[PDB]
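Snapshot of cinacalcet at Extracellular calcium-sensing receptor.
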Amino acid sequence: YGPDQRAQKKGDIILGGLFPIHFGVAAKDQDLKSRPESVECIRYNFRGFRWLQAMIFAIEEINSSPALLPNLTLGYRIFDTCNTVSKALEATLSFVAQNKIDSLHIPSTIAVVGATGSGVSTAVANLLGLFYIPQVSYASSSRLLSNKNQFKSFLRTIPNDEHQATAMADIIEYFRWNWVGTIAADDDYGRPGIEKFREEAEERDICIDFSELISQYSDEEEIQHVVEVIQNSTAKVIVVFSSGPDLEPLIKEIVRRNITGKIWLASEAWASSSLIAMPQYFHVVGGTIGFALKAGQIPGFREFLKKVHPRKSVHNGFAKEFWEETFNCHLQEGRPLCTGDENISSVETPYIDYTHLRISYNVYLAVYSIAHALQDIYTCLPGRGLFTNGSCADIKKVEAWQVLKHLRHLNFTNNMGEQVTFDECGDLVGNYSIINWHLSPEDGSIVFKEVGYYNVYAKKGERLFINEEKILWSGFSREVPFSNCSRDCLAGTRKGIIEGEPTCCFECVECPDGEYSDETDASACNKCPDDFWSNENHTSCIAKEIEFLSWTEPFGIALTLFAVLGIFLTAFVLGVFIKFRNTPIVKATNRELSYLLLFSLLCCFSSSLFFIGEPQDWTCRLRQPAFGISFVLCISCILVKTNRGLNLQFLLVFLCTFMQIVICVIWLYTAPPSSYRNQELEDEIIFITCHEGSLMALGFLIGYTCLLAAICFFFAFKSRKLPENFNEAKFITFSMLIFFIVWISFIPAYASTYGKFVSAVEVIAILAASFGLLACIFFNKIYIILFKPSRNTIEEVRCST
Amino acid sequence: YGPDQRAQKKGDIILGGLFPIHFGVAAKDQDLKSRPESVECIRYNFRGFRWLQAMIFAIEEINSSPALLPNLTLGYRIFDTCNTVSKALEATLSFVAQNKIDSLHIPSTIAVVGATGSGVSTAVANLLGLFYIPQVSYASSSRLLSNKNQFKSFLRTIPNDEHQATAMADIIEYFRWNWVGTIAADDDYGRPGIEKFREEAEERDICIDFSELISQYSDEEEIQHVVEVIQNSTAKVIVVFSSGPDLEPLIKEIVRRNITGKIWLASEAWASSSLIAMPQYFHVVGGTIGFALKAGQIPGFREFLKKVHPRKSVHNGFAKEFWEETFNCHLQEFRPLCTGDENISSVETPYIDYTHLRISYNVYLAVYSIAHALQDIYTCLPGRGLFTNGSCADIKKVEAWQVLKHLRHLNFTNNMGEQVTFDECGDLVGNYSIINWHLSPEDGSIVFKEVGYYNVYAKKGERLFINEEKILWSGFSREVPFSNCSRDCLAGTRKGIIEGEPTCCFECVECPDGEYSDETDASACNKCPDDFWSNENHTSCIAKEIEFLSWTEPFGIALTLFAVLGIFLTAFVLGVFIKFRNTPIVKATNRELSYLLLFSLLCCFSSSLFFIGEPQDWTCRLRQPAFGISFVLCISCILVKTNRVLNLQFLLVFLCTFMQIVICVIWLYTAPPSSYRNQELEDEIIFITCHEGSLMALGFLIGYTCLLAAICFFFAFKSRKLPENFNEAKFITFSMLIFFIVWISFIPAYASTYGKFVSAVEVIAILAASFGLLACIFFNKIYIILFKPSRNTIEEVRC
Ligand SMILES: *[C@@H]1O[C@H](CO)[C@@H](O[C@@H]2O[C@H](CO)[C@@H](O)[C@H](O)[C@H]2NC(C)=O)[C@H](O)[C@H]1NC(C)=O
Ligand SMILES: *[C@@H]1O[C@H](CO)[C@@H](O[C@@H]2O[C@H](CO)[C@@H](O)[C@H](O)[C@H]2NC(C)=O)[C@H](O)[C@H]1NC(C)=O
Ligand SMILES: *[C@@H]1O[C@H](CO)[C@@H](O[C@@H]2O[C@H](CO)[C@@H](O)[C@H](O)[C@H]2NC(C)=O)[C@H](O)[C@H]1NC(C)=O
Ligand SMILES: C[C@@H](NCCCc1cccc(C(F)(F)F)c1)c1cccc2ccccc12
Ligand SMILES: C[C@@H](NCCCc1cccc(C(F)(F)F)c1)c1cccc2ccccc12
Ligand SMILES: N[C@@H](Cc1c[nH]c2ccccc12)C(=O)O
Ligand SMILES: N[C@@H](Cc1c[nH]c2ccccc12)C(=O)O
Ligand SMILES: *[C@@H]1O[C@H](CO)[C@@H](O)[C@H](O)[C@H]1NC(C)=O
Ligand SMILES: *[C@@H]1O[C@H](CO)[C@@H](O)[C@H](O)[C@H]1NC(C)=O
Ligand SMILES: *[C@@H]1O[C@H](CO)[C@@H](O)[C@H](O)[C@H]1NC(C)=O
Ligand SMILES: *[C@@H]1O[C@H](CO)[C@@H](O)[C@H](O)[C@H]1NC(C)=O
Ligand SMILES: *[C@@H]1O[C@H](CO)[C@@H](O)[C@H](O)[C@H]1NC(C)=O
Ligand SMILES: [Ca+2]
Ligand SMILES: [Ca+2]
Ligand SMILES: [Ca+2]
Ligand SMILES: [Ca+2]
């Protein structure tokens, strides 16, 4: 037949069931020295007993209601799996026992309410699909069961895990973490979920540090290896796809070693597990964020639950062990002795200490789905069926494949006003709820508080809602933890690569002296336009600096004062000779060449005033010829009076000025000078300077000036001794000598300096030469004429010679 | 009862077997409108038929042998799986029929020769483990079957895929690639293998572009998506963990789109598959590199194979369909009519057209393992058994759990002289061979050429051997392909991050100025230490130059020659004055003062030699006073012999020197100058110069000298017209003018140059001033004393 411990009742139509009443089997590596025996189950499961009671309650309600299946009863045959494949397959062999008589007594089974674990469900479905017996599961959520090529008669009332993996990725992206590790159970439930999560997290630019597998039957060395892998890591957020039985040993080891500060993200299987939500583990598993399914209502279920008895439950064979485990007594069929009149409310167990019904509602829904398919078969009308020619099935000889067909074409409304339909893959979609683990002040137990939800019917990117103010991190903290591999670079600083490490870990390197950085996390430094240079902090770049000899400057003001003083002195000398024209010393110097020379000296100082200021196109063209013309005129006026025909004395000056003017015009027409902004000298600053355009013409001008100064020198030199005109040759020689020594002296500075000081030396040299010429030629004569010798030599000495 | 078509023979002990005689089942979309019927298998598998024949040959050889299991016979019951779970479970229910009757005319099965696919073997083992019936598989290599908490009676004669997944990464690292993609079958064989490969590749710093899943029953849309993923990638190497049936549709679609240039890494399941190794597909799948198992020898297998007959094989129910498929005719119990007189050497099929036996040898060994376990049960001695009190099992009433117990403790030698034994998880270990797909020049078919091996008994990093000169990369090329995400940086450039991409993809950025890099693939430019600056190419860094006025430089030699010439000239004027000491011209002035003046001229000239050369602290501190003191001594000597200066003469000169000396001493105690190596002015040049410490004191040492010179000027200027000592006061004013003119004219250049030329300017100024001071006074006296030996001495202003 099958297992001796069961819950069964007779009826017209029989339903099968598989529930975990125990958490596992005994650890016994049999050595095969004798014939093997049956294995034993260990730890009782009050939640599984409640789920079984939910199935029985639904069946009894259906049998009581006259509106769903009149004059037809339902039976059941329910077994225990102990979360093990081997035990489940023994019970499945009894389900198909009658059907195998024809293919290769127990009444035939129509449908089976599925298992809990995905591996157990796959093992059961492989065998149930041979005979086309429908199977409806309440807890299996693996994506591997959606393949209808291998599983032909599998349905479920629970959604699959792809949406939940995407939800975890969305949560991690919401809190702005990029450095996590993963842990998964080594079975059909954890591995596909963790693979989907990895695929989703890779496209959101999240780096995963470690990934490990665990099991209920792992050994101490494996546990310690996983613990060391966890301990050596800097990541704080850990994502776990597992259940309580598969997770308990690792949690126990971590608690013993006292590892704190971790952030756990829990899947639906262990997010509400009483094996892990223990008060003494809170310093490790406090403040967990996990997922929960949607709750439903079953009105009289609790009153039904409070009625179980070891003696009155004849059809329930698990009630005896339930009573013994609940009250820690022994039942003497005719540790203290059970008396049988105890109170269930006295002992606190997960049997009735619950707030929401989630998987129990799924069991209820699966039973009602099977009942509604049978009712749809019952109420068929001839000619309008789902079979060939519109024929209807026979309710007195209904078969499992016909029940499966009507299950595939099913649509009904539940007790809450919602529609229930199965898709082409036999899946049912639903929302998710997000919970946080708190600590109770009144009792000291774990309290699950809602903090958000995940809406599956919304557009991508608007599925997650979280109320952050209700979250206590690690159970007590109000601050969002930091889970990034490295700190973000700041303004002025740039990212660097570390060899052998993922893209999420980098080094902050400073930007160079020509580039800057505005925001955080720059992968390169930006070069800014050519008229700007980078700031010291390198946050931005400031404008460059323009440098030229300018007015409103202490140096330029002094130069201007010197120039105007020279102009005024020349004007005063001219006025002196104007006043004293008739008198004799003024006449023994050609009267009008003196005026021309003073005019040329005024032209000289004004020429110096050209160089001060910001260079422009129209000044670089005139500044240099202006000094040349005037100084050649000065030299000519001096040379015509030299010791060696009135209109002839006005011919030489015009001729020399004529050659000078002619050279400048040729040069300017063919290659005029122009302004030239200079940036190559320094990166930081810019110079505004004139560009000559032709050095040949400048050399020719300087050569002509030097040649004229030379001929004067040689001729003034040959006749210095003469005492005429107060030793005029002696002073002319001095004036020429001042010229040559000054210009030769300034050559080096022209050769070396490059900035705003090259313009200053030119003004200094011009003023020096002009003053040296004017003073030497004029001041001795102007002295006697006024001041003391009012008449001492004002006539006779001049008159005599 | 059970499946209709089978191979069956009765005996004392019955074995079970499962083989894929068909590649799959018909794609019937069942809508439930009738009582569902059995599905039908479609494509024939000659390789699977040969595998089935190997088991029968082994059993017949065992039955013929008289030294193994004497006076006992072996039977068998063999079914077909068609590579599906559902068909395999129908046969497995017949294997456990009698035991379940005992649990709750059927012969008992003690052992089953396992299936081919890992997914099928898992489902078969889940049911066979309930009754403790041992199962020995020949082809299932998933690592999930090593878990003995779930699979209590599973054994295999093939190694698992951990070493293969490691060897894939070993080969990839050997050929220096870091940009690959992965493809796996969606079952129990491909997913764990691709997971292990991903772990190892991430361990070896290898970047994976994409990862896709395929299946035999994938629709058009999934294949289109996979092809689109493949065709958008720049990766050229693809790792595949799948079989031929699950890989055929994708290969067909890629062939139709005719995508060339890819490098395929094949797992053992499809590395020798005839569904993929077709001459039409060669332009896409040419040059594939894959794995193979080690071949064995069965010394009578081919003659047994060549003897099959549809009418002489009574115990083989597959031979009729084998004959029909082979000869394309019909057997009587519009295809033509078969006879029994065809020759199987005419039609070329994988049945007898093979080179090596790899899985057939595994089947042979799987049968012989059970045979030797039974023999070990047979020859047990009382008190030396494996059971509770040392007892022995009974061969007449043997049981499957006892056979499993003896299987767990098996150790025997096979026909190749090798030892066979199963470890704690019921696994074997074995070598791998590496093959390369070539094209036959004569037949046009595909030839599998061996190019290496993988030794699993060696140490990590010494297990792979590749003979690279035997590899054709696309079937026609001898150059290793390039499969890196980005090109490698050059000598002067470093890496740079590309956001949104893995570490294997980067950009090259040039090193800045003052930094360099030298390795091939740098991630950070290096700042080489101070006193060094980068090259133009930023590849190596060179030493920068030290700039100072050097003795060996010809400018310094010329200045030294000038100084030496001045020193000598002073020596002749002193020697001449020494010769004519008491003569009238030398007696005219005070010779006691002329010697001091000539001695200070040498002191001045030598001060210039203190400027030339590499600066040091003491020379720098000694430069200025050495000239100042000597020149003030000269000036005082001249002054005290001008008109009406009034020994007191010696007093005045020394007193004036003592003032400049004290200013000098007050300077050195409070603010001495020192040497400096200047880095701020330029980048590639280092300047050695002097800071002058306190500039104010130097101001005093210049103003005092200028005032002393100026006073001498005025008083000489007053008396410029007395014809005494050959117009002495005419020449003193000239010397003062020369000194002032030289220093005034040298102002500009001193304040324009802060390089190595400033010292040259100072040297030139000192030399010019000293030469002027010499020639102003002494040249005229010498003029008429070198010649005119005594002409003017008698009455020079009346001597
Ligand atoms: C941790 O790393 C993440 C990922 O780089 C950072 O999130 C980025 O934050 C900036 C500014 O807030 C955004 O412009 C980016 O779009 C974010 N990236 C992503 C992928 O969302 C986060 O700021 C980092 N946190 C800390 C504390 O460094
Ligand atoms: C697996 O392959 C290795 C490498 O070929 C084998 O070791 C070699 O065996 C040959 C034959 O005896 C020796 O000549 C070599 O010296 C061995 N070492 C090497 C590095 O080649 C090994 O025997 C093979 N294992 C099995 C079981 O065949
Ligand atoms: C492709 O990339 C790999 C790894 O980035 C390069 O392998 C390196 O090659 C250099 C020179 O041959 C060796 O010094 C390194 O040790 C190698 N690194 C590793 C991890 O093996 C390879 O050279 C690149 N190939 C091309 C063509 O650029
Ligand atoms: C005002 C002055 N200009 C000097 C330019 C120096 C220069 C700057 C750049 C290049 C060159 C050179 F390479 F051409 F020499 C020289 C000047 C102007 C006109 C006549 C002059 C005659 C005598 C003295 C000065 C004269
Ligand atoms: C060797 C010389 N050192 C002068 C440096 C400053 C300077 C450089 C160029 C020009 C001028 C000056 F003409 F303005 F002084 C000063 C020195 C040392 C000690 C005493 C001196 C007395 C007179 C002259 C030079 C003296
Ligand atoms: N979905 C889980 C089973 C499961 C869901 N909720 C649970 C609650 C408790 C225990 C198990 C479960 C699986 O496939 O394996
Ligand atoms: N070992 C493979 C099957 C296999 C190995 N070699 C083969 C050769 C041909 C066909 C299939 C195979 C698996 O577990 O699935
Ligand atoms: C953890 O760290 C220790 C000490 O640093 C190191 O020796 C060890 O290899 C690491 N182990 C794991 C499993 O990461
Ligand atoms: C199920 O029935 C409701 C009730 O009218 C209907 O609105 C809904 O479309 C039905 N669903 C399907 C899939 O037919
Ligand atoms: C899921 O949640 C959204 C918003 O919270 C709600 O509108 C929707 O009706 C929910 N879905 C179901 C099936 O209750
Ligand atoms: C391949 O590239 C094209 C062009 O960018 C794009 O439209 C397509 O979506 C890509 N394929 C996939 C699978 O992303
Ligand atoms: C198997 O037997 C041989 C003797 O033939 C022995 O050398 C070898 O060690 C044995 N193997 C094991 C694993 O005991
Ligand atoms: Ca009813
Ligand atoms: Ca690494
Ligand atoms: Ca025999
Ligand atoms: Ca990317």
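Simply put, chain letters go A, B, ... down the sequence lines. Residues 20-123, 134-363, 392-701, 720-876, in that order, are what chain A shows, numbered as in the PDB entry. Chain B is numbered as in the PDB entry; the shown residues are, in order, 20-123, 134-362, 391-703, 722-874. Heads up, header says this was done by electron microscopy, 2.8 Å. Counting convention: from 1, in listed order, for ligands and their atoms alike.
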Counting duplicates, which parts of the structure are cinacalcet? ligands 4 and 5
Chains in contact with cinacalcet (ligand 4) (heavy atoms under 4.0 Å): A
Shortest protein heavy-atom distance from atom 15 (F) of cinacalcet (ligand 4), along with the residue and atom involved: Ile777(A) CD1, 4.3 Å
Please list every residue in chain A that UniProt marks as binding phosphate and that has a heavy atom under 4.0 Å from cinacalcet (ligand 4). none
Cinacalcet (ligand 4) covalent anchor: none
Among protein heavy atoms, which sits nearest to atom 12 (C) of cinacalcet (ligand 4), and what does the distance come to when rounded to 0.1 Å? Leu770(A) CG, 4.1 Å
Look up the source organism of chain A in the entry and report it. Homo sapiens
Do any other ligands or ions come under 4.0 Å from cinacalcet (ligand 4), and which ones? none
Taking the minimum heavy-atom distance to atom 1 (C) of cinacalcet (ligand 4), which of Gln681(A), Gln735(A), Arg680(A) ranks first? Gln681(A)
Just tell me the transmembrane segments of chain A with a heavy atom under 4.0 Å from cinacalcet (ligand 4), numbered from the N terminus like UniProt. 3, 5, 6
Starting from atom 8 (C) of cinacalcet (ligand 4), what is the nearest protein heavy atom, named by residue and atom, and what distance separates them? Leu773(A) CD2, 4.0 Å
With a cutoff of 4.0 Å, is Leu776(A) in contact with cinacalcet (ligand 4), counting heavy atoms of the residue only? no
Other-chain residues near cinacalcet (ligand 4) (heavy atom, 4.0 Å): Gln681(A), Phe684(A), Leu770(A), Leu773(A), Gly774(A), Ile777(A), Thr780(A), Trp818(A)
Do any nitrogen or oxygen atoms of cinacalcet (ligand 4) lie under 3.5 Å from a protein nitrogen or oxygen, and which ones?
| unit_1 | atom_1 | unit_2 | atom_2 | d |
| --- | --- | --- | --- | --- |
| cinacalcet (ligand 4) | 3 (N) | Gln681(A) | OE1 | 2.8 |

